[PDB]
**Student:** 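Below is a deposited model of Cyclin-dependent kinase 4 with atirmociclib as ligand.
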Amino acid sequence: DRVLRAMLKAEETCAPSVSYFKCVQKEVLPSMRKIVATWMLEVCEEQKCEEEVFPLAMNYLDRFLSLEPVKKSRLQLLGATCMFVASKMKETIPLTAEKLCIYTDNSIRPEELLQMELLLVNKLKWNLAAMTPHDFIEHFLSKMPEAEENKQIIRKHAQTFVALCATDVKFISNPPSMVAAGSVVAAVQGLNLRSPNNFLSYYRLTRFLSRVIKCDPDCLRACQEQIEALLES
Amino acid sequence: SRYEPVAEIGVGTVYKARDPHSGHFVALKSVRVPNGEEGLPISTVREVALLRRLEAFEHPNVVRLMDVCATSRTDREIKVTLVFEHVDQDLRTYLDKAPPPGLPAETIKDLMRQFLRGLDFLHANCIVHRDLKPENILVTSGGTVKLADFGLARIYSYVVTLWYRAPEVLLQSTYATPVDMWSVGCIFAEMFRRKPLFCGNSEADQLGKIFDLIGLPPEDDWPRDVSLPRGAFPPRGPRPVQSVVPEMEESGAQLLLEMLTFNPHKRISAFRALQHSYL
Ligand SMILES: CC(C)n1c(C(C)(C)O)nc2c(F)cc(-c3nc(N[C@@H]4CCOC[C@H]4O)ncc3Cl)cc21
């Protein structure tokens, strides 16, 4: 498709830097991002958010961290602000500033979150409709030879993998199309192991999805292995 | 970037500036949106972001939004600056500059094809311009036509010409995607005669002007909710398009009438108009 080639272009313009912890950030470390990422996932699950809110919010956080140094005391404020902008972009009823501050035990106040919003939206140059692995999983599923029943289960497992991947630093290096293909492959491999006669898309699915993204099958394989190793922990 | 201004493009107010690194000229448009308890208005965040999303398609017939910044902030207002690649002239200037007799028919068809290619792309991406005019239809040095000033209705909401407004918006009946197509018919005819087809000072005077060419619509054609009743307009018959629009071939006048159709449900779409034999 021609929309797929525009999605792959759009994700190259919303790309975070794989070296921001070394080059940009002086106090923020991966363990801190994992804690703020885990907290954001908990807020989304509790608030019954649209599944895309959490990977979109993480996408905003990595991009902002790639351009602006942030004090480790203001990382939670940044995570809450990323969820706030992501909620407005992907939800009919966006999360309120005070509903996000409640989840910080009111250590941050709405005013601080509204000031961060201007900073975040400006540093991202209002590129807020960023592609998320969820957009790619849908494109891959239509192409895949599976009955609607199987696509719903593949969609569920792949999205769980995308959420797990977002907490880890591998979400920074791999573009959303890569995270989506690695998660779909990890999901179909798991489903085929449980039912060998079903989910027959497993067969050389890495090579298949690498032709759709025009990537190296070795990189997609490395991505899939990284995602599966994360699931074990 | 921190674009330094060069001149004022015109009028709310658009300025011309040089990109400090690229060196390319850009057009700056500033809009004011309310600063609520929930910070940036949700419509402003969604609408501007969706405009940014359109740049990935790299459509040749639309203006490119290359930078956005919330430059100012007070307790009651947030100022958003939109940076667009500069286009040297607008359709009106292009039409006025051309010497007599007028623009060649081939030139008109090519401009119409580009206008309709750009309008269909907006229509496909759930955008309705709602204020299509020669001033907002920009023309590049190469002759490429690029549409501008669209998708900002929510932020622009929170004086102007009615010459291109569809009869439904004048009657305050149903805002719809086909209103742009009615404006295309007005622009299309204006390319041949080099003058606005309908000039109305009032919302009822504009309708009266429309019925002088298109005739008076029948009661069945009349919309369910009307601000102004049919009985308010005199019984006018349909006037041939050729009488008011010069040097237009019969197939062009047929296409013009498909765009200038009172009922928006029967009105030609941008995609159908592109498939027309005249184009
Ligand atoms: C002027 C008007 C249509 N306009 C409005 C408003 C809200 C006022 O309708 N916003 C506008 C905006 F944001 C941008 C432009 C624009 N202008 C140029 N070039 C100018 C165009 C006119 O001829 C002289 C050229 O120098 N290039 C690119 C762009 Cl994007 C025009 C805008």
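Lettering follows sequence order; numbering is per chain, from 1. The deposited model was determined using X-ray crystallography, 2.3 Å. Basis for what follows: all heavy atoms, side chains included, without hydrogens, waters or symmetry-related copies. Both ligands and their constituent atoms are indexed starting at 1 by order of listing.
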**Student:** Please list, by chain letter, the other chains with any heavy atom under 4.0 Å from atirmociclib.
**Tutor:** B
**Student:** Which residues lie closer than 4.0 Å to atirmociclib by heavy-atom distance?
**Tutor:** B:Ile9, B:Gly12, B:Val14, B:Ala27, B:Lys29, B:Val63, B:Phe84, B:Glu85, B:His86, B:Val87, B:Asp88, B:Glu135, B:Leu138, B:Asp149
**Student:** I'm looking at atirmociclib in this structure - which UniProt domain of chain B has most of the contacts?
**Tutor:** Protein kinase
**Student:** Help me out - nearest UniProt active-site residue of chain B to atirmociclib, and the heavy-atom distance to 1 Å?
**Tutor:** B:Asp131, 7 Å
**Student:** Hey, which atoms in atirmociclib end up nearer than 4.0 Å to a heavy atom of B:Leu138?
**Tutor:** 16 (C), 17 (N), 18 (C), 21 (C), 27 (N), 28 (C), 29 (C)
**Student:** Against heavy atoms of B:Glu85, which atoms of atirmociclib measure under 4.0 Å?
**Tutor:** 28 (C)
**Student:** Hey, is atirmociclib close enough to B:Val87 that some N/O pair sits below 3.5 Å?
**Tutor:**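 For atirmociclib, there is an N or O atom that lies under 3.5 Å from one belonging to B:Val87.
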**Student:** Quick one: which atirmociclib atoms are inside 4.0 Å of a heavy atom on B:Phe84?
**Tutor:** 13 (F), 30 (Cl)
**Student:** Please confirm whether B:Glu135 comes within less than 3.5 Å of atirmociclib when only nitrogen or oxygen atoms on both sides are compared.
**Tutor:**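 No, B:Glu135 has no N/O under 3.5 Å of an N/O on atirmociclib.
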**Student:** Does any N/O atom on B:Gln89 come nearer than 3.5 Å to any N/O atom on atirmociclib?
**Tutor:** no
**Student:** Show which atoms of atirmociclib fall inside a sub-4.0 Å distance from at least one heavy-atom site of B:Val63.
**Tutor:** 30 (Cl)
